[PDB]
Undergrad: 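Could you have a look at this structure, given as structure tokens, before my questions?
Chains are named by letter, beginning with A, in the same order as the sequence lines. The residues of chain A that appear here are 85-429 by the PDB entry count, in order. To match the PDB entry, the residue numbers of chain B are left as they are there, and the shown ones run 85-429. All ligand and atom numbering here is 1-based and tracks the order in the structure.
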There are 2 protein chains.
Amino acid sequence: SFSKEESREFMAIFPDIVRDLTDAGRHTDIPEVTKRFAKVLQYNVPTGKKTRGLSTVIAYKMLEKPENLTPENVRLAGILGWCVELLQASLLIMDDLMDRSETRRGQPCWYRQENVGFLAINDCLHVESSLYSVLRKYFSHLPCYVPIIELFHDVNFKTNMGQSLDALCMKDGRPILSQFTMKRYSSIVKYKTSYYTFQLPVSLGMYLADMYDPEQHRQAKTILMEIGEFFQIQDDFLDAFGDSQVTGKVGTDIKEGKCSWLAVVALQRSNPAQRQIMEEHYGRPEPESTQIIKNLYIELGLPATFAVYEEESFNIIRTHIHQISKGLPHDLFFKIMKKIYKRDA
Amino acid sequence: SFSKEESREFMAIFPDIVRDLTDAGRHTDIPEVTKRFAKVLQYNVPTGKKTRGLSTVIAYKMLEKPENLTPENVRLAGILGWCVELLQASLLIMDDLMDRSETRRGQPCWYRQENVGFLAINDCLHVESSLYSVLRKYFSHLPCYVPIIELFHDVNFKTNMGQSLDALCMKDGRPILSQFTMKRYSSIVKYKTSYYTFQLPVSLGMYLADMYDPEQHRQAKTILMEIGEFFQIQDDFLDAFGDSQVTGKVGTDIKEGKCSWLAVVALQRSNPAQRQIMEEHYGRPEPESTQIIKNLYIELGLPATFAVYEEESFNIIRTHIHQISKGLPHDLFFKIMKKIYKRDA
Ligand SMILES: O=P(O)(O)C(O)(Cn1ccnc1)P(=O)(O)O
Ligand SMILES: O=P(O)(O)C(O)(Cn1ccnc1)P(=O)(O)O
Ligand SMILES: C=C(C)CCOP(=O)(O)OP(=O)(O)O
Ligand SMILES: C=C(C)CCOP(=O)(O)OP(=O)(O)O
Ligand SMILES: [Mg+2]
Ligand SMILES: [Mg+2]
Ligand SMILES: [Mg+2]
Ligand SMILES: [Mg+2]
Ligand SMILES: [Mg+2]
Ligand SMILES: [Mg+2]
């Protein structure tokens, strides 16, 4: 899975989605806006790695009865995966505005383009609303239609709650370091990342396979939230220690005063002098201050701590998969974990 | 219609909407965020005129069979009206960021308030998503559920297209005055205002009354698009000439270079010297340029021009209402026009 041919099949759907949203004989009185929206979609939607959309297809293929897999049902699963990518695209447009970011996917953040600015808020809302038009076109005659619409709206609401908890790291221009606990961290990640990134693809595949039992969705959730916590911890590590040419994004968490995994572990490990460095220099726009924090992270050994976590967490999650209900395919969870951890074994 | 008793009935539902979204035994691990969202709702949702929500109820009462007007079905119509008010609240949060506005509904705009700022961007999305949670709680077992959610999806998408066309007034910091025609103006207002403000309340009332005839919906739409353009022309007059203590908002259209009705009519009426004033001073950040344009609008007699237009258009719209058939109650459309004609807020 996550093969070159699966990517080919998935990518082939995107031009049809753009046609559905911008050139299907609708809104023929406002071609200026529809032609612009095609450019919004081209810049912002297909420019990532598509792990969430591809995972929606893989989940469906592993949950559906083999006999029921047809080219037509697999294409439906691919359309659902593009609906997840429309949600991702929307969330990153708004996130980059909120985080004052420079680059995304190796190009300027959308809001930084000429004649965009705060119009990016509208483009964010427009890209998310688009997915419900796609759902109506392709799924309106199936039993899974309403549960899928409701899952997208509920996951959006949850993601908004997580984005708000993430944003509340700062008050009056200074970080609330005494509240930067691992408990707070885990709550932020659950809501701002794990539901939409990991739960949504798998629950979509379950619904398209006519699996409505809330206990099956809950058994999946326990594993998927553990994978999501690693995924966001890795993101946080790379914000400070990654190469922006490889990640496609310039880090901002130290300047923005975020309750990142690095900040939480730094506060756990700091002696009183190091805690005073955090108090003085964390969450400041001055470049000296951001470099002083990075130097503290190096002094505290946080890169080795992250490398240990990447190894240990893989093995803990693999053990937990073994304990999932016999009713769910254990190999779906192993495949997701292997892709996220960039391991074949 | 728009009576004290109808207002009391409608406001009585608001505390239950807040409870539904923030205190219904959900998300009990993140009370910081749920308590803050209760404040977001309190500030941003209920302090406007509530004409859209009240119109949803009036439409339902005038479309349903009298024998079916139970406490419970009238309450459902009020809940649908609050869902339109949630959509409105979401749009205004974003709009005030995009328009760089100072006040809304008599208070500083949400994004300007202490420790809000760019958090207002997530709050806008969160308020929008919340209306679908309310629809799910109350409507999910009723035949109107899918038509209602599909209508909200479609109206959202159309509103985003209008907000985009509205924003394309300026390119590289100068207004595209050669393109400020009445044809452009009518297209902008149809999409950014008329669908969500007038079509949505009346179509919701129809759906709750189990009225699905595509031809009845189309005849209501035709008149409601005329009403929406009239209403937006009034809004544009208030931006330049309203009393901000009565309207609750300080105008920005001249500074933001908007294709307002006043700008379109100023370009139609201007001599060559007056056109050069528009070219030089429209859509500038400098207070002195905006005052030059306001003074041009005064000298052109745009207040009296608006007054004559509003009276002429009220009479044309009422002539068109008299021509409505398809079993639609003329008095619903007359009551909407009576409520807005000659408004100062
Ligand atoms: O660090 P963030 O949460 O802002 C991020 O991971 C985006 N995001 C937003 C919600 N969940 C994740 P990115 O580093 O891509 O800017
Ligand atoms: O003039 P706008 O369109 O920005 C406005 O009417 C808001 N709006 C946004 C879309 N439709 C209407 P407001 O004057 O309330 O700021
Ligand atoms: C939740 C996080 C870490 C946001 C970035 O997600 P990805 O790294 O999957 O981004 P794209 O491939 O879509 O660019
Ligand atoms: C579409 C428009 C003109 C936006 C403002 O609507 P209202 O003037 O109805 O504002 P509130 O009563 O909701 O504050
Ligand atoms: Mg970010
Ligand atoms: Mg962020
Ligand atoms: Mg990050
Ligand atoms: Mg505005
Ligand atoms: Mg506006
Ligand atoms: Mg206005």
Undergrad: I'm curious - which drug did they put at ligand 1?
TA: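 That drug is zoledronic acid.
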Undergrad: Specify the chief binding partner of zoledronic acid (ligand 1) in this model, using its name in the PDB entry.
TA: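 With more contacts than any other chain, that's Isoprenyl diphosphate synthase.
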Undergrad: Taking 4.0 Å as the heavy-atom contact limit, which other chains touch zoledronic acid (ligand 1)?
TA: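 Other chains, by heavy atom: A.
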Undergrad: Okay, next thing: residues with a heavy atom within 4.0 Å of zoledronic acid (ligand 1) - which are they?
TA: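 Counting heavy atoms, the site comprises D179(A), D183(A), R188(A), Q247(A), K276(A), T277(A), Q316(A), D319(A), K333(A).
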Undergrad: Give me the nearest non-hydrogen protein atom to atom 4 (O) of zoledronic acid (ligand 1) as residue plus atom name, then the distance to 0.1 Å.
TA: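 Going atom by atom, the protein heavy atom closest to atom 4 (O) of zoledronic acid (ligand 1) ends up being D183(A) OD2, 2.7 Å.
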Undergrad: Provide, to 0.1 Å, the distance between atom 16 (O) of zoledronic acid (ligand 1) and the closest protein heavy atom, together with that atom's residue and name.
TA: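 Checking every protein heavy atom, the shortest distance to atom 16 (O) of zoledronic acid (ligand 1) gives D179(A) OD2, 2.9 Å.
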Undergrad: Source organism for chain A, as stated in the entry?
TA: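 Per the PDB, it's Phaedon cochleariae.
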Undergrad: Would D180(A) count as a polar contact of zoledronic acid (ligand 1), with the cut-off being nitrogen or oxygen pairs under 3.5 Å?
TA: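 By distance alone, the answer is no.
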Undergrad: May I ask you to identify the nearest protein heavy atom to atom 3 (O) of zoledronic acid (ligand 1), giving residue, atom name and distance to one decimal place in Å?
TA: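 Checked against all protein heavy atoms, atom 3 (O) of zoledronic acid (ligand 1) sits closest to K276(A) NZ, 2.7 Å.
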Undergrad: I'd love to know the other ligands and ions under 4.0 Å from zoledronic acid (ligand 1), if any.
TA: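 Found: ligand 3 (3-methylbut-3-enyl trihydrogen diphosphate), ligand 5 (magnesium ion), ligand 6 (magnesium ion), ligand 7 (magnesium ion).
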